[PDB]
Visitor: 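Dumping the structure here so I can ask a few things about it.
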Amino acid sequence: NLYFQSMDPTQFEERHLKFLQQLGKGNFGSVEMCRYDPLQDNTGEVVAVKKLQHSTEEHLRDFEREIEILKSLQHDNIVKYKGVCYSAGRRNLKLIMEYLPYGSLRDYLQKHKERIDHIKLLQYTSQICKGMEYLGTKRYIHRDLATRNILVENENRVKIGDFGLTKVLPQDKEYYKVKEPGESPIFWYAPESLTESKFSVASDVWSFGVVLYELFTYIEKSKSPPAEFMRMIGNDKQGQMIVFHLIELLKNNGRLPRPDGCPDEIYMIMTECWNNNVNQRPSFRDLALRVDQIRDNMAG
Ligand SMILES: C[C@]12O[C@H](C[C@]1(O)CO)n1c3ccccc3c3c4c(c5c6ccccc6n2c5c31)CNC4=O
């Protein structure tokens, strides 16, 4: 009460934050490209700005937690927090981040196959694992690992990007039980996430296996996890029947197929991440080491 705590409201003043264009839609909000030009001389820094799509009291509270999460993270493979803009005369909140020119990893794989080979895919895989190791040290569960939520700075560097679903583990437990679910990326979910609403570092590892799958399909049409799972379930199915069949499929060892051209060793990593036994999944530290040893064990 007596003394409130707030980010520096003069760091990014709304009157110097110039809207350039929309960048995309993410968890609970949208992202725009702006220029922050306090010397109004057509210089300044380009930045990315996240804003809520539905500014309810609950969503604003969740957004504050998301902002605090990102601000607490400093890592080469996590998108950089820059600050907050208290816009609308300090009666609104927007998140300011660094601008990463190539957008989502999902879109980069589709648009820039000319400069992607397996060496680059393994490099991105390694970087993703290291960012996830770092999140683990803060007891953060990302909860939406997918190439749509990873960002590309340049052909040599990717960064985990969208923290809209991220949760902090309770102090006394190794999982977070979500008790108000909204829109769920079910084709990235671990089985215990589908059946018990339990999220953990190990469920992030499951989803990382789907990310690895995505990388090695090169976002080829018809190979995405939704398209492949729907092909296995039956493209006709609708509503909850889809979830029922997905759960039944995963519990009895149905899995995404090996992508064309994917080495058996990379597919085996995917398979080990996709273990119904939560405790037997590898750690992100195991995965970073194994992937970097594979990379290092090539000639050169
Ligand atoms: C919504 C989304 O818009 C596109 C990619 C994206 O993640 C959607 O796939 N998107 C871009 C498309 C083309 C160029 C740049 C971006 C971009 C950026 C960010 C984000 C970001 C941060 C937090 C949540 C979502 C974010 N996006 C971002 C984003 C953060 N910094 C960015 O440069």
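Using the PDB entry numbers, chain A covers 833-1132, in order. The figures here come from the full heavy-atom set of this structure, side chains too, leaving out hydrogens, waters and symmetry mates. This deposition comes from X-ray crystallography, 1.8 Å. Atoms within a ligand are numbered from 1 in the order they appear, just like the ligands themselves.
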Visitor: Which drug is recorded at ligand 1?
Guide: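 The drug is lestaurtinib.
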Visitor: Name the main binding partner of lestaurtinib (ligand 1) here according to the PDB entry.
Guide: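 The main binding partner here is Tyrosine-protein kinase JAK2.
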Visitor: I'm trying to map the binding site of lestaurtinib (ligand 1) - which residues have a heavy atom under 4.0 Å from it?
Guide: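 The heavy-atom site around lestaurtinib (ligand 1) is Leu855, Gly856, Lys857, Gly858, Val863, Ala880, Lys882, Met929, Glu930, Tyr931, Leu932, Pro933, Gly935, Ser936, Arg980, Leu983, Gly993, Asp994.
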Visitor: So is there a nitrogen or oxygen of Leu932 less than 3.5 Å from a nitrogen or oxygen in lestaurtinib (ligand 1)?
Guide: yes
Visitor: Within a distance under 4.0 Å of any heavy atom of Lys882, pick out the atoms of lestaurtinib (ligand 1) and give their elements.
Guide: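 Reading through lestaurtinib (ligand 1) atom by atom, the close ones are 23 (C), 24 (C).
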Visitor: Do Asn981 and lestaurtinib (ligand 1) have an N or O pair less than 3.5 Å apart?
Guide: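 N/O-N/O distance below 3.5 Å does not exist for this pair.
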Visitor: Short list, please: which atoms of lestaurtinib (ligand 1) are under 4.0 Å from a heavy atom of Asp994?
Guide: 23 (C), 24 (C), 25 (C)
Visitor: Mind telling me the covalent anchor of lestaurtinib (ligand 1), residue and atom, or none?
Guide: none
Visitor: Can you name the atoms of lestaurtinib (ligand 1), numbered from 1 with element, that are less than 4.0 Å from a heavy atom of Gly993?
Guide: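 Listed by number with element: 22 (C), 23 (C).
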Visitor: Give the atoms of lestaurtinib (ligand 1), by number and element, whose distance to some non-hydrogen atom of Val863 is under 4.0 Å.
Guide: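 Contacts of lestaurtinib (ligand 1) toward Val863, numbered from 1: 20 (C), 21 (C), 25 (C), 26 (C), 27 (N).
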Visitor: Closer than 4.0 Å to some heavy atom of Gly858 - which atoms of lestaurtinib (ligand 1) meet that?
Guide: 1 (C)
Visitor: Find all atoms of lestaurtinib (ligand 1) within a distance of less than 4.0 Å from any non-hydrogen atom belonging to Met929, and give their numbers and elements.
Guide: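 Answer, ordered by atom number: 22 (C).
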Visitor: Taking only heavy atoms of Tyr931 into account, list the atoms of lestaurtinib (ligand 1) that are under 4.0 Å away from them.
Guide: 14 (C), 15 (C), 33 (O)
Visitor: With heavy-atom distances below 4.0 Å as the criterion, list the atoms of lestaurtinib (ligand 1) near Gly856.
Guide: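 Reading through lestaurtinib (ligand 1) atom by atom, the close ones are 1 (C), 3 (O).
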